[PDB]
K.L.:
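In this model we see iclaprim bound to Dihydrofolate reductase.
What you see of chain A is 1-158, where the numbers are those given in the PDB entry. We count ligands from 1, going down the list as the structure has it; atoms in each ligand are counted the same way. Below, all heavy atoms of this structure are taken into account, side chains as well, without hydrogens, waters or symmetry copies.
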Amino acid sequence: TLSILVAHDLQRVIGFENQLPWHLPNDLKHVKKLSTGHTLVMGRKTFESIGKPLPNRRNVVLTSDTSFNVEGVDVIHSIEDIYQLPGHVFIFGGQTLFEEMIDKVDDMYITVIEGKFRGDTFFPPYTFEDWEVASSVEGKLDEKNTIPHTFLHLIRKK
Ligand SMILES: NC(=O)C1=CN([C@@H]2O[C@H](COP(=O)(O)OP(=O)(O)OC[C@H]3O[C@@H](n4cnc5c(N)ncnc54)[C@H](OP(=O)(O)O)[C@@H]3O)[C@@H](O)[C@H]2O)C=CC1
Ligand SMILES: COc1cc(Cc2cnc(N)nc2N)c2c(c1OC)O[C@H](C1CC1)C=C2
């Protein structure tokens, strides 16, 4: 499978100043669940944001930089390289990757953050005319997760 994995808010903000605008442990545990044992593909800036590879899965960074060679990370240098990765591949960010891949992926795992944040990076617009809701699960609120949020699994129609 080729999947998108993304959290975006009511206006499709994904980012601010190279960070997530929200603090939401549950969603990061969501990410852990989904992608552990599989492969994440991410652009260089996103990799730089996270700082190092995520444990217990394959980390692939897409970059133009041929100097790039990082302990625990596989480098690719074209979009086309994605399609030769074995396994369940998650497109993991950021704006540029999402824009490039959204028409290409089988399905999307979206966490809708039910707020409006200040952002400088965005998920591309999409229509539910194009995308079937395989599931929609309200995330649980509590002391440490205080933003309402919904896990969507969408699958391309037709
Ligand atoms: N909310 C969420 O689920 C997520 C949000 N984010 C947010 O997104 C923002 C980052 O997005 P964005 O600025 O687009 O950066 P990206 O993470 O998408 O990285 C951009 C870089 O990726 C490399 N790249 C992209 N496409 C190609 C290509 N076709 N060929 C070769 N290299 C390529 C380039 O690296 P280079 O210049 O080195 O060649 C490019 O500069 C951050 O604010 C982050 O917080 C990130 C992940 C998830
Ligand atoms: C841009 O910043 C992040 C993007 C992301 C990417 C990301 C976050 N959330 C969702 N739902 N999808 C995504 N693709 C993450 C993230 C980020 O900040 C650390 O944190 C954690 C990593 C283990 C430390 C996980 C994801």
K.L.:
Map iclaprim onto the structure by ligand number or chain letter.
P.N.:
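You'll find it at ligand 2.
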K.L.:
Look at iclaprim and say whether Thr46 reaches it with a heavy atom at a distance under 4.0 Å.
P.N.:
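No.
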K.L.:
Quick check: does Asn18 get an N/O under 3.5 Å from an N/O on iclaprim?
P.N.:
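Among all N and O atoms of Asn18, none is under 3.5 Å from an N or O of iclaprim.
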K.L.:
Polar contacts were defined as any N/O atom of the residue lying under 3.5 Å from an N/O atom of the ligand; does this apply to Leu5 and iclaprim?
P.N.:
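Between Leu5 and iclaprim, an N or O pair is found under 3.5 Å apart.
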K.L.:
Should one rank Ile14, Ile113, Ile50 by closest heavy-atom distance to atom 19 (C) of iclaprim, which comes out on top?
P.N.:
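Looking at heavy atoms only, the winner is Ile50.
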K.L.:
What source organism is recorded in the PDB entry for chain A?
P.N.:
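According to the deposit, it's Staphylococcus aureus.
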K.L.:
What do you see: which UniProt NADP(+)-binding residues in chain A have a non-hydrogen atom under 4.0 Å from iclaprim, if any?
P.N.:
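Of the UniProt binders, a heavy atom is that close in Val6, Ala7, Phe92.
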K.L.:
Can you list the UniProt substrate-binding residues of chain A with a heavy atom under 4.0 Å from iclaprim?
P.N.:
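By heavy atom, within 4.0 Å of iclaprim, the UniProt hits are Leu5, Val6, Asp27, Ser49, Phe92.
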K.L.:
Of all the non-hydrogen atoms in the protein, which one sits nearest to atom 22 (C) of iclaprim, and at what distance?
P.N.:
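Minimum-distance protein heavy atom for atom 22 (C) of iclaprim reads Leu54 CD2, 3.8 Å.
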K.L.:
Show the atoms of iclaprim that are less than 4.0 angstrom away from any heavy atom in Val31.
P.N.:
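Those qualifying, in numeric order: 9 (N), 10 (C), 11 (N), 12 (N).
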K.L.:
Which domain of chain A, as defined in UniProt, supplies most of the contacts with iclaprim?
P.N.:
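According to UniProt, it is dhfr.
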K.L.:
Hey, which atoms in iclaprim end up nearer than 4.0 Å to a heavy atom of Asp27?
P.N.:
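Matching atoms, with element in brackets: 9 (N), 10 (C), 11 (N).
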K.L.:
Tabulate residues with any non-hydrogen atom nearer than 4.0 Å to iclaprim.
P.N.:
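The heavy-atom contacts are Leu5, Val6, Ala7, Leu20, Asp27, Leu28, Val31, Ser49, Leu54, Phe92.
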